[PDB]
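Drug on board: isoniazid.
In what follows, chains are A, B, ... by sequence order, proteins preceding strands, each numbered from 1. We read in the header that X-ray crystallography, 1.7 Å was used to get this structure. Start at 1 and go down the list; that is how both ligands and their atoms are numbered. Just the heavy atoms: all of them, side chains too, but no hydrogens, waters or symmetry mates, feed the values below.
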Protein chains: 2
Amino acid sequence: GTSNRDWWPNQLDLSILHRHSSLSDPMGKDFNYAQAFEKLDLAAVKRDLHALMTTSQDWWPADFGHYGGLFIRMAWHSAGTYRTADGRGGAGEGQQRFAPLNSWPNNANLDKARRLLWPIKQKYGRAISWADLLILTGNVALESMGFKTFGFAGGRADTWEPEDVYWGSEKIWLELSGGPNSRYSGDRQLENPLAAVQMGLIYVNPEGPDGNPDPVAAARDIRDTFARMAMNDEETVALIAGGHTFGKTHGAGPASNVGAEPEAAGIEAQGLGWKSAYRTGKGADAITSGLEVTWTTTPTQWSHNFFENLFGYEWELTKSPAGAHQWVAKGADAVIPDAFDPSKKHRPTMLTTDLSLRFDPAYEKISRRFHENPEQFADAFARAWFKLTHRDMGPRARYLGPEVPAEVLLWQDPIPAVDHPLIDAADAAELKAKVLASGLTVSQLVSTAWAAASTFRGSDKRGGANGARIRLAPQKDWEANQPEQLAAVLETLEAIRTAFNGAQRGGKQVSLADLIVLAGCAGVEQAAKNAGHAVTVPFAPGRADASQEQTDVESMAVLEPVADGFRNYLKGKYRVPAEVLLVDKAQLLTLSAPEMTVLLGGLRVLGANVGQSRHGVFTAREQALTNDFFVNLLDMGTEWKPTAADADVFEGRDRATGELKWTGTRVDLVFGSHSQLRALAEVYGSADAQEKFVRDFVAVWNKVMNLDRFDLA
Amino acid sequence: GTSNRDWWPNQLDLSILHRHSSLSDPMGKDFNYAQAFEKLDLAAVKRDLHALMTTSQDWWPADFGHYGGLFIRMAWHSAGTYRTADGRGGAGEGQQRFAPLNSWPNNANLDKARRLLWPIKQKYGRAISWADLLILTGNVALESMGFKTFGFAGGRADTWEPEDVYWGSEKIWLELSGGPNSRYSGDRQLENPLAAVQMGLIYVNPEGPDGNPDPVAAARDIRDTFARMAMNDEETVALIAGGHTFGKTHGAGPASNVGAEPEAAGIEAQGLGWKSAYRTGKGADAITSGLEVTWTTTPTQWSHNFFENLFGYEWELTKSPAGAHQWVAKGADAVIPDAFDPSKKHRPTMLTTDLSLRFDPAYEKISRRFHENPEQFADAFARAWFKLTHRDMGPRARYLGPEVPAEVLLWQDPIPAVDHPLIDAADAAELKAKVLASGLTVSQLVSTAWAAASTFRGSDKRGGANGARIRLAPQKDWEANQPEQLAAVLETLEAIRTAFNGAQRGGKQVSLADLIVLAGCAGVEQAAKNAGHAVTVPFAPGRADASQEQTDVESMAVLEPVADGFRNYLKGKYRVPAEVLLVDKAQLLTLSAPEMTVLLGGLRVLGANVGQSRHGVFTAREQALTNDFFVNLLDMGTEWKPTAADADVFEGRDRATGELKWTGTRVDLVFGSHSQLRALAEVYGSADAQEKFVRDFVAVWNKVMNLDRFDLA
Ligand code: HEM
Ligand code: HEM
Ligand SMILES: NNC(=O)c1ccncc1
Ligand SMILES: [Cl-]
Ligand SMILES: [Cl-]
Ligand code: NA
Ligand code: NA
């Protein structure tokens, strides 16, 4: 059946905004996963998982009699899709069980690992999500094999459909770079927001870059991709050597024996894939990656034998039984046990990417320190494994259960505890009146609160107004945030704050984070009053102020808005059209298409544009909250044409006289072009819509202000 | 950006079940369009529409100074997409304003027509939907030009995203037959469910079949496509000759002058398309179809001149200025006015498909009767226009406003009014006990109620249990309904009814329609008791019994379920896989994926399969309401393989012994294969889910029982 996507393959796709409706969710509207999890007997779950580790099933026999390595790989892959550029991927939604990730080639035979967990999932039901269970299972694997983990938090609610994520433009699985849809350009520059080297890989190619078995060059890909997953050199070496302390790879015969991935398999395979024609198709005969490497002399026990081997031998290039490049220890004895035959032993082997840890000079120094000091290795690996598996969980307030680590980590963008009474409704009214009396304008107040709150992204639940990090480096100097204007607003608000807090007794105080949001609320109320309408904008106090020392400036860089259609802002010229970047931002903000539309039309008339640009300011009463954006956009009395100077800016002229009325960008005019967005604009641009527009705007404004408020959940 | 659809283009699409969520709808979840419409000043809207008819806009000047013809075509096209096979298409959701229909070649320049209506839409806002407005505008065009319509009903709620409809598999607009994706096979057999001859046409090609200008062969396409839109010969002749009493076609220059359709046009086009480079691109120079035909001497006034011309001249094949085949009257004077230049007149002209009305022998007889008896033509056209524009609105209970025709029409599948007290809760308890005492089984009761209620489709709101049409021809004879078993259940229910009704005082009586549904509820209650659960199933009385004479047997044929996965039924072997047909049925039933899943799993264990087939009956306690289907489907102890005899039947064997445990179809096993379906199955097959399963099943069962109950809206 030919679809709209077939006919108009470049039109904008709004369905990414309308995933995760209550229609597709089997749980009731009132289901609360946190409440279910908090009553889970987590210790009982862990005992069952511990038993599972050595209870082999004949349809996928356990290597060495222990599933621990398989499950560590499973949990690593669950977390390993994460990209810092947009926060998408990661373990936090349990997306490994859906397309496409369930069928990525790098996830081969993890379908078996997930199937092994069904009995436990079935026993505990809604009290433990798949998302939490995948990570917990990796922790229990580690613990069962003698490794002390740093901790665990539950709270990853399950999702019920695939996320819409850009994973690359290639049309062939694992396509080597330089094809018509190459994700590389220039001197091996990987396109943002991607964090893997080939379509269907987690980070890098275990043979080397595009299959070339050079550990030094592989190291460059490792470093780049791991940085794009928020890991530095120390963390990267800890993770790779830690993981590859356990288990083995699978490449017992040629890869042509392996059939369809799960999404392509027959209905009779019942959700499994990669069925192999090679001998028994499993166990001793398994083929997963096509490599055949077992790293340590005790693959089911924590050790420091990975580094002992890495440094204690020299390495020779060889081929697996599937023909993949890998390495074997020169002159070594057969000291590595076989996974099924207790009469057989093997020489030590390594991947190209394992040898990167010795032959890249910066890695080598870390690896040597870990080799000489395995206690340092263990601690770094535990910390990095926690970070890996929790990176997308959001604020520590979301962390559930009895194993949450008490240590507060810089990468968590921590928010201090509140230790004092909060302002009440009367205090909030007093503060709003003081803000408005200071002379701060509607545009200032709205723009500042928008800047503070709209860094949130639901993909990894980073950002938002909590913390008042807009006053700190680097947010205070982001171009989109208008640094000089921002500085002036913050100085005025801080003076109001100081005066209010100095007059209190009893320890009541207001944070700057709360006052920035409250001041924005005052701006929206005043805009409504300018339009002839009395409204109260909801406000919830309880945000706290983070310090500079509690803020990782490098990690905060990825939250810079380089495109923010809600402020008609584009930092430079991109290949992706601006309207597509608007929809991407709306998806990060968790907005529906109606929410996006209302919010944008209101912001335009409130003065939220960066640089006080007139683009899209389709009103003669700026700083009044009206539906003028929609009424004027949809007026057929105005004709629109791209300018000569800039094809992405349009002039709106009176159709009869030629008089110039307005200018607008693609982000403005898409609302009058796209047939679904125009239908939404029409509702808000109708003669009966003033009250609806104001109410819906206040609601979406309050939603955005509260995106990071997991303390109120 | 490569998507799951790209990688696995044949996997099932569940997003069709989760369209139209509260996320994409700008209106609040309590918005009730009927209540808004009932307060509309319809008379005021009609005055504005009358004014609009002759208020020409320079960007699309009105032919003859009157937009009536353009608007009649607009309304006809809104309605004209309807297919009786599935009830999809039609005017009832206002889908002409979305992709793909906004951009079908046959809808060229209807974008202008809709844009002319924006000021009225804006003025009245939510109180008149686009869907209602497009039809009302057609009516007012007719009335303005002297034709008295049969009536009008409001109540078509707007929709907010494109419907997922199979419109064909061709990848080229307007592709002629016999291509790689031909919609024709054999002796010009059009594939079900399609009702147009080429992709992007409403019914037929105005030049003739595949462009061949043979009026006799064109007639055959007209007859077939119109029958597939619920119209017979008399209705067809009336509609075509009635329509083409008005207005003109547009083909002033070559089609190559016409640019991108709306969904392909630039953002500056602001939702319009088909911009033409030919002369002024509009008005006298307009190009729409490429034909240049004006049918009558008074194109802006109702006349009897269509049939005067058709019969009063002989016709000669000629070409328009765009090169399209059309016909001109031999020897005629220039009697037809020009649309813009009062100094120009034209000879009479006709389309190939207009000539069909004279040269097809069956149409000729009707045409001649209408020519000789113009009052019969007027009445038939009025009735056919009403039917055309209301065919998909459902029961008369949905019809709103002061212009609804009193006359009840056979095509409305009318239900008699209820004129007596209804049964109360005490009576329902008594009837359910009598039903269960009669010896009717859970399987019989559930199967019968399912058969009765599940004929509903939300696409045109036909079918459902109201009317008790399951007892009439042709429903009583449908194979899926198990005619012999059905007859025995109905006989027993009618005897219960007769005895109950005979004992009543006052006018109280129960309809068979109600008793069928109530008896099914008793079956479900009994099944729940069989499983140790105390469950009350909701029941709403007030259905009435329709007569045979109120039940058009030929129109009912399209409701026959030839595939019903909920009863594991397939009447024959089809090209579309059975699980795709299941999702299609769920969509017509208005079910989400969780609802479909719960419903199907319950029906399997209640004995609802046609012929008491064991396929998918994954329980050892049939006729008990349990979640056994899910728990057994998901048991990895069982391995599945297609049978030798039949690749669409699967055998489930114990993995360890090889012993046969179950058999199932594609419809059964898809719930264990599709990664989103299996996630839903997992919820219901978990150890904590028995009560959830029962309560969700009762809810969806009741939903299906009430689907046609617009008397309770
Ligand atoms: C440069 C990064 C990495 C590369 C190229 C890589 C590559 C691979 C490959 C090719 C396999 C074999 C798959 C199969 O044939 O079964 C594998 C297995 C494994 N990887 Fe890694 N890996 C990397 C990082 C990691 C990390 C960060 C961890 C966890 C902290 C991890 C833990 C494991 C474990 C436990 C296995 C063994 C699976 C088993 O016993 O079934 N890997 N890796
Ligand atoms: C066999 C079925 C039909 C065919 C092939 C057909 C074909 C066409 C074509 C080619 C045009 C010219 C479009 C353009 O160039 O502007 C047209 C115009 C029109 N059709 Fe039909 N038509 C059919 C049935 C109907 C019906 C059922 C109605 C309404 C009851 C109708 C009402 C009109 C009107 C009013 C116009 C004039 C539009 C104008 O004045 O702008 N047609 N038709
Ligand atoms: N394509 N549209 C339908 O199938 C439909 C629409 C509304 N309710 C049920 C089904
Ligand atoms: Cl994601
Ligand atoms: Cl439809
Ligand atoms: Na994420
Ligand atoms: Na329909």
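Every copy of isoniazid included, the relevant parts of the model are ligand 3. Measured by close contacts, the chief partner of isoniazid is listed under the PDB entry as Catalase-peroxidase. Going by heavy atoms, the other chains that come closer than 4.0 Å to isoniazid are B. Only the side chain of B/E163 comes within 4.0 Å of isoniazid, counting heavy atoms alone; its backbone N, CA, C and O stay farther away.
The ligand atoms of isoniazid that sit less than 4.0 angstrom from a heavy atom of B/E93 are 6 (C), 7 (C).
In the vicinity of B/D164, heavy-atom distances shorter than 4.0 Å reach the isoniazid atoms 1 (N). Residue contacts with isoniazid for B/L589 are absent, since no atom lies close enough (heavy atoms, distance under 4.0 Å). The shortest N or O to N or O distance between B/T590 and isoniazid is not below 3.5 Å.
Close approach of isoniazid to B/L588 is summarised as follows: ligand atoms under 4.0 Å from at least one heavy atom of the residue are 4 (O), 9 (C), 10 (C). Contact annotation for B/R457 and isoniazid: no heavy atom of the residue comes within less than 4.0 Å of the ligand. The search for other ligands and ions under 4.0 Å from isoniazid returns ligand 5 (chloride ion). For isoniazid, the residues with any heavy atom closer than 4.0 Å are B/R88, B/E93, B/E163, B/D164, B/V165, B/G458, B/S459, B/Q587, B/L588, B/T590.
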